[PDB]
Amino acid sequence: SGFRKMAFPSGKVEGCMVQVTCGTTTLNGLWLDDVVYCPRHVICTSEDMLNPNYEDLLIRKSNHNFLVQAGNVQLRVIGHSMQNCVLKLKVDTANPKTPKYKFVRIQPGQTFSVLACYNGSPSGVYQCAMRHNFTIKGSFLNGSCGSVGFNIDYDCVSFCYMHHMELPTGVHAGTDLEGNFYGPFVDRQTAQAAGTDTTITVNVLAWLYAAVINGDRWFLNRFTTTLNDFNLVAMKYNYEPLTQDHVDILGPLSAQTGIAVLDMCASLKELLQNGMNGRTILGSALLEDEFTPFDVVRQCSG
Amino acid sequence: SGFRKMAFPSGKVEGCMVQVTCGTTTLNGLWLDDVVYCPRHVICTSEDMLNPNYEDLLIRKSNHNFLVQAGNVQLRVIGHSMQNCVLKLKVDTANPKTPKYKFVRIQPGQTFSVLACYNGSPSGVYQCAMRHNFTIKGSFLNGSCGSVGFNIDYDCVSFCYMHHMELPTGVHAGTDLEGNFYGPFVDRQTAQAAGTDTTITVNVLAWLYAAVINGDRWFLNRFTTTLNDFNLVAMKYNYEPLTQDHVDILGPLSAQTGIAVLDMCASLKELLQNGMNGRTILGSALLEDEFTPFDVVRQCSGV
Ligand SMILES: *C(=N)[C@H](C[C@@H]1CCNC1=O)NC(=O)[C@@H]1[C@@H]2[C@H](CN1C(=O)[C@@H](NC(=O)C(F)(F)F)C(C)(C)C)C2(C)C
Ligand SMILES: *C(=N)[C@H](C[C@@H]1CCNC1=O)NC(=O)[C@@H]1[C@@H]2[C@H](CN1C(=O)[C@@H](NC(=O)C(F)(F)F)C(C)(C)C)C2(C)C
C-alpha cells in the first residue's frame, strides 16, 4: 500500500539528452535517430529575446554555428530547420540509444514525467500535470530549456513536452515536440498572462479513490447527486464540470472500490462545502488534482 | 524557479534490476558485478513468513532453486550466501552495466530515491525521507521487495536501502545493502511497532529557505530568536532540538538568501505557536520535513 507522486524511470530518456550551444546560449536538446530537437531561442543573444525575429536570426546561422555535445563527443550538424518554436538539427550520427518513441500532444489534466537537465546532463525527475490554463508547476532553472516531458507505455516513450519559459506567476510553459506551445504563450521575453486556472475534477475524484483504497473512509456516505447538481457546486468552487465521459473514465476505480462515481461526487461536494475540519487525506491538508485515474490505477491495483 | 520533490535520474539503477524467483515467491534483486542482492524472504512460502527459521530454510535450498532473470536472459546461480536479512546469489556473469557504486547506511532525516520495481522491471521513481523512527512513507505493492533506495553523486551510486516490508500503520521498512534493518524491525510476518516520530527540525528550516528562494515570504518576520529559546518551543511541538551542527549545515542556504538561521528560527517559532492558519508554503498546508539542506542547495543550483 501507500500513495506517492511518482515519475517514470528516466533511463530511456537519459540516453537522448544532449547539450546544444549557439554562440553564448547553451540549452538542452533531445537526440532521436539523426535529429536533435531543441528550443529555437538557442539562436538568441540576451537582447534578441526581448523581441526576436526568429526567421532573421536563423538566416544568420549555418550548421557550424551549432555546437552539439553528446557527453564528451561532438556531433556534427549537417542540416537545420525551424518547425514552429523548435529547431531540428540533422546530425551525421543516429543515436544508438534511441528508444521506441512517438510525439504526442497532451490535454489539460494529463500528467507526464519531466527529466530536468542542465548542459545536456540529467539532474532530476518529477511528475507534472498540465493545468487547465496550459501551464505546469515545475522546477526549472537557467539552462533548463530543452528538458522534456514524457510518458512510458512499456517500451515506448511518448514525448509530450519541451521546456521553454517561466511565466510571471512562477509557473512553467513549453511546447509539444512539433514546437507548438501549450496555451497562448510565445517565446519572447515580454509579460504574458496565463488564463485563470480551474481544478481538474476528474483528477480530484481519482485521488479520493486512491485514498479509499489506502484506508480513508470518513468522507464516504450513502448520499448521492445528479451530474447536474454536483456541477453547480463545482462552478462555485472553481472546479471543472464533470461530464459522462469523465464518469466513464473513473469506472475502473469505481468498480475496484464498489463506490459509484456520483457517490464519490456527493463526497467531494461535501468536502468543498464543509471543509476537512482538521484532518489529512493521504498526507495532504488540501484536495489534490495532480493525479489522473491512470496514475491511481498504476499504484492502487498494479 | 519552482521547488519540487525530485528523484535522481534512475538509468544507472535500472541497468542493475533483475527478477529473483525461488519456488512460488518472486521479487527483485540488484545485480552488481557477479552478485545479485535480494531480500532473504524470497526462500519463504506464505506459511514460512509467519515464523521463519531462515538458517534451516536456506539449508534446504540449492543453487537450482533460484531462478534469476535479467530481461529475458537467465543468469545461472553458482553460489548463495545469507548476510543478515539479505541473500547474495553469485551468478556466472558480471553485470556489464555495473555503475561505480558504494553501499552506505543513512541516518534519520536523510533522503534517497526509490526505484519501485515489479518482476525485475522498474515501474516508477520517487523520493523518500528516513523518519526519526527508521521508517519511510513509500508506495509498495506485492512483489516490490528488493526495490532499492539510492543517492547519486555525479557518477557514483550510493545504495542505501532495500525494501522488505510494510508496517500495520502503512509505513515501510527495509535494510541497508548489508541486510541490516533500519530500526527495530525483523523480517517476520508479526505485528511490529515503529517508534514515536519526531519532526526533523533542520529539514523544516531547509524547506523554509527553499520557500524564500521561490518567492514565498509571508512567514518572514522582523524578529531573530536564540538557539536556546527556539529549543524550548521545539520540545513542546515534538521537533528535534536544533544543534550547532544543524545550524552549520544550514550555512550555505542562510548565505544564499541573506537570512540568518536564527531569523528563520523566529519564523518557525511563530508558525508553530500560532499555526499556519489555513495558509500555504510552496503549495503545502503543512510544514514539511522531507527535504534535507543538501536537497535544497542541490536543487536551487542545478547540480
Ligand atoms: C530556458 N533555459 C529558460 C528557462 C527559464 C529560466 C528561468 N526559469 C525558466 O524556466 N527560458 C527562458 O529564459 C525564456 C526565454 C526568454 C525569456 N524566458 C523566460 O522564461 C522569461 N519569462 C518570460 O519572459 C515570460 F514571462 F514571458 F514567460 C524569464 C523572465 C527569464 C523567466 C525566452 C525566449 C522566452
Ligand atoms: C515484499 N515484496 C513485500 C512488500 C510488502 C507487500 C505489501 N506492501 C509491502 O511493502 N514484503 C512482505 O510481504 C513482507 C514479508 C513478510 C510479510 N511482509 C509484510 O510486509 C507484512 N508486514 C508485516 O508482517 C509487518 F507488519 F511486520 F511489517 C504484510 C502484512 C504483508 C504487509 C515478510 C517476510 C516480513
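Lettering: A, B, C, ... assigned in the same order as the sequence lines. Going by the PDB entry, the residues shown for chain A are 1-302, listed in order. Following the PDB entry, chain B residues are numbered 1-303, in order. Basis for what follows: all heavy atoms, side chains included, without hydrogens, waters or symmetry-related copies. Remember, it's 1-based here, ligands and their atoms both numbered in the order they're listed.
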Exercise. Looking at ligand 1, what drug do we find there?
Worked result: nirmatrelvir (bound form)
Exercise. What is nirmatrelvir (bound form, ligand 1) bound to here, taking the chain with most contacts and naming it as the PDB entry does?
Worked result: 3C-like proteinase nsp5
For this session: Note all other ligands and ions lying below 4.0 Å from nirmatrelvir (bound form, ligand 1).
Result: none
Problem set entry | Nitrogen or oxygen atoms of A/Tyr54 and nirmatrelvir (bound form, ligand 1) under 3.5 Å apart | no
For this session: Counting heavy atoms only, name the option from A/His164, A/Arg40, A/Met49 that's nearest to atom 12 (C) of nirmatrelvir (bound form, ligand 1).
Result: A/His164
Exercise. In the PDB record, what organism appears as the source of chain A?
Worked result: Severe acute respiratory syndrome coronavirus 2
For this session: Provide the number and element of each atom of nirmatrelvir (bound form, ligand 1) under 4.0 Å from a heavy atom of A/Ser144.
Result: 2 (N), 4 (C)
Problem set entry | A/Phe140 neighbourhood, listing nirmatrelvir (bound form, ligand 1) atoms whose heavy-atom distance to it stays under 4.0 Å | 8 (N), 9 (C), 10 (O)
For this session: Among all protein heavy atoms, pick the one closest to atom 20 (O) of nirmatrelvir (bound form, ligand 1) and tell me residue, atom and distance.
Result: A/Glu166 N, 2.9 Å
For this session: May I ask you to list the atoms of nirmatrelvir (bound form, ligand 1) that are less than 4.0 angstrom from any heavy atom of A/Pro168?
Result: 26 (F)
Problem set entry | Residue/atom in covalent bond with nirmatrelvir (bound form, ligand 1) | A/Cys145 SG
Problem set entry | A/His172 and nirmatrelvir (bound form, ligand 1) - part of the residue with a heavy-atom distance under 4.0 Å | side chain
Exercise. Short check: is a protein heavy atom less than 4.0 Å from atom 3 (C) of nirmatrelvir (bound form, ligand 1)?
Worked result: yes
For this session: Return the residue and heavy-atom distance (to 1 Å) for the UniProt active-site residue of chain A nearest to nirmatrelvir (bound form, ligand 1).
Result: A/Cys145, 2 Å
For this session: Under 4.0 Å from a heavy atom of A/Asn142: give me the atoms of nirmatrelvir (bound form, ligand 1) that qualify, with their elements.
Result: 6 (C), 7 (C)
Problem set entry | Contacting atoms of nirmatrelvir (bound form, ligand 1), where contact means under 4.0 angstrom from a heavy atom of A/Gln189 | 17 (C), 24 (O)
Exercise. Among the UniProt domains of chain A, which one holds most residues within contact distance of nirmatrelvir (bound form, ligand 1)?
Worked result: Peptidase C30
Problem set entry | Close N or O approach (A/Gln192, nirmatrelvir (bound form, ligand 1); < 3.5 Å) | no
Exercise. So, is A/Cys145 polar-close to nirmatrelvir (bound form, ligand 1), with some N/O to N/O distance under 3.5 Å?
Worked result: yes
Exercise. Which atoms of nirmatrelvir (bound form, ligand 1) have any heavy atom of A/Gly143 under 4.0 Å away?
Worked result: 2 (N)
Exercise. Measuring from the heavy atoms of A/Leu27, does anything fall under 4.0 Å of nirmatrelvir (bound form, ligand 1)?
Worked result: no
Exercise. What are the neighbouring residues of nirmatrelvir (bound form, ligand 1) within 4.0 Å, counting only heavy atoms?
Worked result: A/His41, A/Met49, A/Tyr54, A/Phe140, A/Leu141, A/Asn142, A/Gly143, A/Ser144, A/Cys145, A/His163, A/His164, A/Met165, A/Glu166, A/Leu167, A/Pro168, A/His172, A/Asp187, A/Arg188, A/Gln189, A/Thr190, A/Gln192, B/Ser1
Could you list each N/O atom of nirmatrelvir (bound form, ligand 1) together with any protein N/O atom closer than 3.5 Å, one pair per line with the distance?
| from | atom 1 | to | atom 2 | distance (Å) |
| --- | --- | --- | --- | --- |
| nirmatrelvir (bound form, ligand 1) | 2 (N) | A/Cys145 | N | 2.9 |
| nirmatrelvir (bound form, ligand 1) | 8 (N) | A/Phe140 | O | 3.3 |
| nirmatrelvir (bound form, ligand 1) | 8 (N) | A/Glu166 | OE1 | 3.1 |
| nirmatrelvir (bound form, ligand 1) | 10 (O) | A/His163 | NE2 | 2.8 |
| nirmatrelvir (bound form, ligand 1) | 11 (N) | A/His164 | O | 2.8 |
| nirmatrelvir (bound form, ligand 1) | 20 (O) | A/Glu166 | N | 2.9 |
| nirmatrelvir (bound form, ligand 1) | 22 (N) | A/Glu166 | O | 2.8 |

